[PDB]
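This report concerns only the one structure given below.
Order of the sequence lines sets the chain letters (A, B, ...), proteins ahead of strands, with each chain counted from 1. The figures here come from the full heavy-atom set of this structure, side chains too, leaving out hydrogens, waters and symmetry mates. As the structure lists them, so they are numbered: ligands from 1, and atoms in each ligand from 1.
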Protein chains: 2
Amino acid sequence: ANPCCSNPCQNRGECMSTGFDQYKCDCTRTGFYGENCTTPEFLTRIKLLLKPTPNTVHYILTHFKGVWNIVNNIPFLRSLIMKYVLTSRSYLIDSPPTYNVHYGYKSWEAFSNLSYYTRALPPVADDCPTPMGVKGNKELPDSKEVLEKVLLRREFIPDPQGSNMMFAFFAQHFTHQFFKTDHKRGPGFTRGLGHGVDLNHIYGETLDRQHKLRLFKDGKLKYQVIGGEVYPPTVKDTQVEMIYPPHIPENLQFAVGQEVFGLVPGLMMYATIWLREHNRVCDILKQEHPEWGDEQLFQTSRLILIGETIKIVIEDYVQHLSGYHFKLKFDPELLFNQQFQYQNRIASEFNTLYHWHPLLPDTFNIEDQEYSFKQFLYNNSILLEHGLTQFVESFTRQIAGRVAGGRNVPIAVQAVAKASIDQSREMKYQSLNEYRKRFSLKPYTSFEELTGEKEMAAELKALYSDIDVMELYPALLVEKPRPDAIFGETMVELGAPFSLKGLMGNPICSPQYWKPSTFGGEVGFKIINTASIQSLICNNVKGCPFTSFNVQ
Amino acid sequence: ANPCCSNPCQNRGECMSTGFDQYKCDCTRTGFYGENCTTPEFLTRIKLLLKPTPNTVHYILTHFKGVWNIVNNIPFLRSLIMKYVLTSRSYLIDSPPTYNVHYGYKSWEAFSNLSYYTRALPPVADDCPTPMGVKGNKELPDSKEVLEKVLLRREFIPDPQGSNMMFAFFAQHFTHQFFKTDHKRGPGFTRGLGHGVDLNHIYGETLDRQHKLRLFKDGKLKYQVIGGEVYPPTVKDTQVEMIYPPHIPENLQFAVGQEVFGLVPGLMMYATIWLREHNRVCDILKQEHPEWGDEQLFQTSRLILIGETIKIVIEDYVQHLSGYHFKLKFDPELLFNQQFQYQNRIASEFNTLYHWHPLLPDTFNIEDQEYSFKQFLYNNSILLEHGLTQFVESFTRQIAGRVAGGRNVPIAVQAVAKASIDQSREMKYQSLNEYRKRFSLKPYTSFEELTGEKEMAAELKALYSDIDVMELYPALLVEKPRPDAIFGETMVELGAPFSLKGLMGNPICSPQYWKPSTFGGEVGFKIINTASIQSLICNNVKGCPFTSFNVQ
Ligand code: HEM
Ligand code: HEM
Ligand SMILES: CCCCCCCCO[C@@H]1O[C@H](CO)[C@@H](O)[C@H](O)[C@H]1O
Ligand SMILES: CCCCCCCCO[C@@H]1O[C@H](CO)[C@@H](O)[C@H](O)[C@H]1O
Ligand SMILES: CCCCCCCCO[C@@H]1O[C@H](CO)[C@@H](O)[C@H](O)[C@H]1O
Ligand SMILES: C[C@@H](C(=O)O)c1ccc(-c2ccccc2)c(F)c1
Ligand SMILES: C[C@@H](C(=O)O)c1ccc(-c2ccccc2)c(F)c1
């Protein structure tokens with residue numbers, strides 16, 4: 001019915017219904033015109049003949065190690081490059097946001113309501129004939145079928161890039177401050193109203209909760225000592241609501257401030273590290289500022305840890321998963337002479353694409369022992385038994401699984417992966433090809449071009465029947481990996497834009513904030529500007545265990 | 001104690017304590033350096049020698065009517081000018097925000113917490129020796145004394161600019177969607193979490209409330225017919241909470257959606273106009289879109305009314321109060337090639353400066369009759385008796401009072417004006433001269449330079465004793481007016497930046513939103529781009545009564 005169902009408008013033009021059976025395209029600012037925004041303006045034809053493809057650019061970035069090594073030591077150039085990556089990725093995101101689960105037209109409710117995840121492409125109208133609009137059968141393939149045929153893991157497939165468990169758990173810990181689905185509401189609703197890197201997973205989403213985790217002395221977070229070691233305080237001591245199975249002994253119910261973080265020792269590990277880091281920064285600030293009271297110590301520390309997080313997320317985490325020889329840079333000043341919006345809203349599709357469960361192993365090897373999921377889950381006593389040092393050491397040593405390439409989703413979390421398919425559809429996502437087009441990729445012409453192999457492709461073609469109806473979630477996990485890479489094109493070309501906006505669109509990166517005073521002086525500012533995953537573990541973990549997001 | 005009390009840092013540099021008795025200035029990006037950021041960089045010395053003063057620029061803008069008349073008809077120039085006014089005003093506001101009642105250092109709580117009004121200058125530390133930091137006596141002059149000596153009105157003083165009661169009630173109606181102090185919390189806390197022009201005063205702040213005001217047919221707001229005329233529905237019909245004295249008859253309790261708007265027929269007038277305008281836009285959208293359902297009609301209409309409001313607020317309201325011969329422009333595209341943040345946060349100081357009660361007359365003349373405050377307050381039957389037409393006619397005819405120039409605050413609202421003084425101090429505002437410095441004005445050197453006269457100046461000098469301790473609120477109302485103007489320099493030089501950010505930093509002004517499809521097509525877009533206070537009254541009010549913000 002809805003004449004817009006076929007998603008006729010191209011190149012980011014917007015489709016609007018003009019009567020029951022006709023439509024119109026708003027080609028404004030697209031660089032195109034015509035009934036569908038398919039015919040290019042002049043300058044557009046040139047830009048197109050000069051735009052290297054994602055894969056081309058990707059090759060250049062992962063080869064010529066000798067040349068990059070030289071560039072990386074010319075500030076004028078490194079900066080010039082990083083600036084480009086930042087701006088060119090960002091113009092891909094709508095800021096301020098538009099569209100959410102319930103609104104496929106622009107609307108104020110959509111903009112104002114912070115409870116929704118925003119949406120990079122509008123949902124498919126509720127009254128379209130097929131789930132993807134017009135193409136395909138009345139019903140999408142059985143999710144159980146897709147799961148089992150192309151997703152589930154037979155034999156564990158290690159990541160060729162060397163991603164270890166430090167990387168996998170950091171990914172899980174970090175993203176879980178801004179992916180916090182509100183299930184009381186539905187998928188598509190978030191509980192993280194910060195919509196970004198505000199460290200709510202350390203400090204708590206609400207004021208009431210933060211106060212319960214706080215010591216109110218020297219700006220510090222409450223903590224306990226077990227052995228000679230610092231761990232978070234108990235639910236009993238703080239009364240902060242945490243999610244634990246009823247069988248968990250009272251002294252093992254840790255607080256930390258993202259309620260879900262008790263369910264995996266790997267999460268509880270980072271929670272501890274960061275808690276230690278905060279109190280560490282407090283002792284530093286208190287030395288430079290004997291006149292400062294409890295509140296400002298705490299507030300300044302949180303601002304510093306936010307800095308540290310972004311610094312590390314860009315220069316170590318992203319650095320690693322990118323595979324680039326070019327040395328990425330966290331430098332807010334690169335943006336001070338550019339058009340850029342210091343705001344952000346986390347997109348449903350970012351959440352969806354970030355379900356990297358293939359990273360998980362079949363057992364968790366905390367050097368010495370090997371634990372199954374059942375043993376590992378909600379079992380902090382493991383953390384206490386081994387200590388942080390063993391753990392860092394063990395998790396740095398263990399390879400995580402390859403994400404793209406198909407058939408690597410651990411059976412232990414199959415319910416999750418199915419849910420991902422089901423909720424994708426519940427939220428009315430558009431097709432894989434529609435998202436590719438949305439992000440300046442060329443659409444796939446065959447399941448075989450998507451996977452880069454023959455078997456899974458045939459299996460998919462039997463279920464979906466038409467490449468143009470292939471769903472976004474599955475395609476991501478099944479997509480042909482870049483050469484010796486962990487992800488395919490789609491993952492990286494949707495992810496980077498979402499990721500960099502959430503990173504750089506943080507108030508502390510804005511000119512008013514980005515100055516020494518903001519962080520208690522040159523000494524606190526340095527804490528941000530020299531932060532690394534390595535030093536985070538070095539300053540806070542008992543030995544000074546070597547780490548990396550990289551299995552050496 | 002707090003070594004930062006003396007506000008030693010100049011030119012917008014930030015002061016930070018570095019030990020109990022010493023301080024440091026962060027001169028980052030100010031254009032200055034040195035212990036206090038007082039000594040200019042080179043390019044700064046030049047910019048300074050070329051910066052015409054506010055009064056100079058103001059002269060040029062209000063004279064040469066012949067030249068402006070020519071410029072106003074050269075698009076390339078009008079646009080070029082408007083662009084400049086927009087960008088140059090805006091760089092005066094911190095965006096994203098910083099500082100609020102409780103935070104004089106940068107902090108995350110300050111940034112994240114939408115319940116606070118933000119603050120253009122930090123508060124004075126709770127442990128400073130004097131209220132203004134270091135200067136002045138242990139205590140500020142008695143508020144009752146300042147009120148009575150220089151504020152209260154003896155003889156009504158009409159505005160030399162011709163501002164009428166249409167202007168005064170529009171100002172009150174318009175600003176009361178974003179000035180909504182939460183008295184449960186304190187001054188310095190707001191209830192309008194939209195922080196800007198979101199038309200919550202028509203539609204309601206919450207979803208629950210909006211639904212109660214909605215008809216759920218053709219996108220329309222609920223309404224009743226009395227006589228043959230459209231007025232808002234009753235509290236009884238909708239159950240929407242409204243503030244009315246207990247003696248008000250049930251059929252006179254109107255709904256509208258800003259709970260306070262029942263307390264003045266001038267407010268209830270605009271509320272009705274805008275309600276009519278919404279349903280008018282719905283009938284239009286329904287014609288261009290027979291396929292559209294209730295929700296999208298409603299949502300698109302609200303987006304259009306938001307446009308109309310900003311269009312009118314800039315090209316008629318601001319136009320009028322400015323006194324400029326230059327024809328201001330509402331054109332979001334003027335910013336598309338500039339650095340500008342499409343966000344906003346309403347500042348406590350904006351609230352404070354906008355207390356324009358001097359505008360009010362001694363009696364409200366609804367042509368024929370003359371009502372006192374007691375008669376006018378919470379008395380909608382007046383609105384019913386006369387109708388909208390008489391009212392528009394009457395209010396266009398009646399001059400409002402001059403705001404600056406001293407001694408024009410109606411005795412009827414003296415409690416309010418005192419409150420303003422008291423709450424200013426409760427919230428720890430800095431001195432008038434500190435705010436002047438903050439907005440690139442030269443500080444006043446004598447009460448006599450501030451007022452431009454002898455009597456009130458001597459009266460003030462006896463109370464405050466030192467010009468550097470003169471409070472911001474009183475100074476605004478007492479300040480020497482620009483020539484035949486309603487406001488002085490300070491009012492206009494603080495106001496414009498706050499006002500324009502709130503206006504242009506609205507999502508609909510951002511490139512993604514500013515296109516025809518957003519508003520249901522070319523026909524809806526036009527409704528925005530041709531809106532005027534005149535046509536608003538023309539399309540909605542029974543005759544087609546002539547109006548203006550201007551007593552002719
Ligand atoms: C032992 C390790 C892990 C376990 C036990 C686990 C299990 C789960 C479970 C039970 C859910 C909730 C599913 C639902 O509510 O439908 C979930 C969601 C999710 N998982 Fe994992 N997972 C693990 C590791 C990871 C890792 C390493 C990542 C890396 C990014 C990740 C990414 C996500 C994301 C983004 C969600 C979205 C949930 C939300 O929006 O709150 N997970 N996982
Ligand atoms: C009959 C006309 C008016 C009456 C009876 C009136 C009275 C009041 C009252 C009772 C308050 C709240 C007192 C308090 O919250 O402590 C207030 C606040 C305020 N008034 Fe008016 N006033 C009138 C007209 C105006 C006009 C024409 C303006 C033009 C701008 C204006 C600007 C403001 C502002 C900005 C506030 C503070 C808003 C808030 O935080 O709630 N008022 N006035
Ligand atoms: C080749 C080394 C310098 C340039 C690095 C650019 C990093 C990201 O470049 C990306 O390339 C894609 C295709 O060109 C585009 O679609 C993206 O918009 C762009 O961000
Ligand atoms: C994780 C293993 C259990 C679920 C798979 C059963 C349903 C279909 O899985 C089949 O089995 C083989 C797997 O190697 C493939 O060769 C087939 O192509 C695949 O379709
Ligand atoms: C001759 C100039 C034509 C009108 C343009 C000026 C628009 C506003 O000019 C204002 O002037 C003040 C002092 O220079 C500054 O405080 C502001 O930065 C600026 O916005
Ligand atoms: C370095 C940068 C880039 O290539 O532009 C980048 C940023 C973020 C990512 C990323 C981050 C998280 C998920 C998916 C992708 C990326 F793959 C590359
Ligand atoms: C025209 C423009 C300007 O001078 O830059 C302008 C904008 C807003 C205002 C204004 C608006 C509200 C309160 C105080 C001042 C102004 F007086 C002038």
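The drug name recorded for ligand 7 is flurbiprofen. Here the macromolecule bound to flurbiprofen (ligand 7) with the most contacts is known in the PDB entry as Prostaglandin G/H synthase 2. Within the structure, the other chains placing a heavy atom under 4.0 Å from flurbiprofen (ligand 7) are, by letter, B. Within a heavy-atom distance under 4.0 Å, flurbiprofen (ligand 7) reaches the following UniProt substrate-binding residues of chain B: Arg89(B), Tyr324(B). Measured on heavy atoms with a 4.0 Å cut-off, the binding site of flurbiprofen (ligand 7) is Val85(B), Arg89(B), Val318(B), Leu321(B), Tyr324(B), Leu328(B), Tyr354(B), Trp356(B), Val492(B), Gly495(B), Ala496(B), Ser499(B), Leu500(B).
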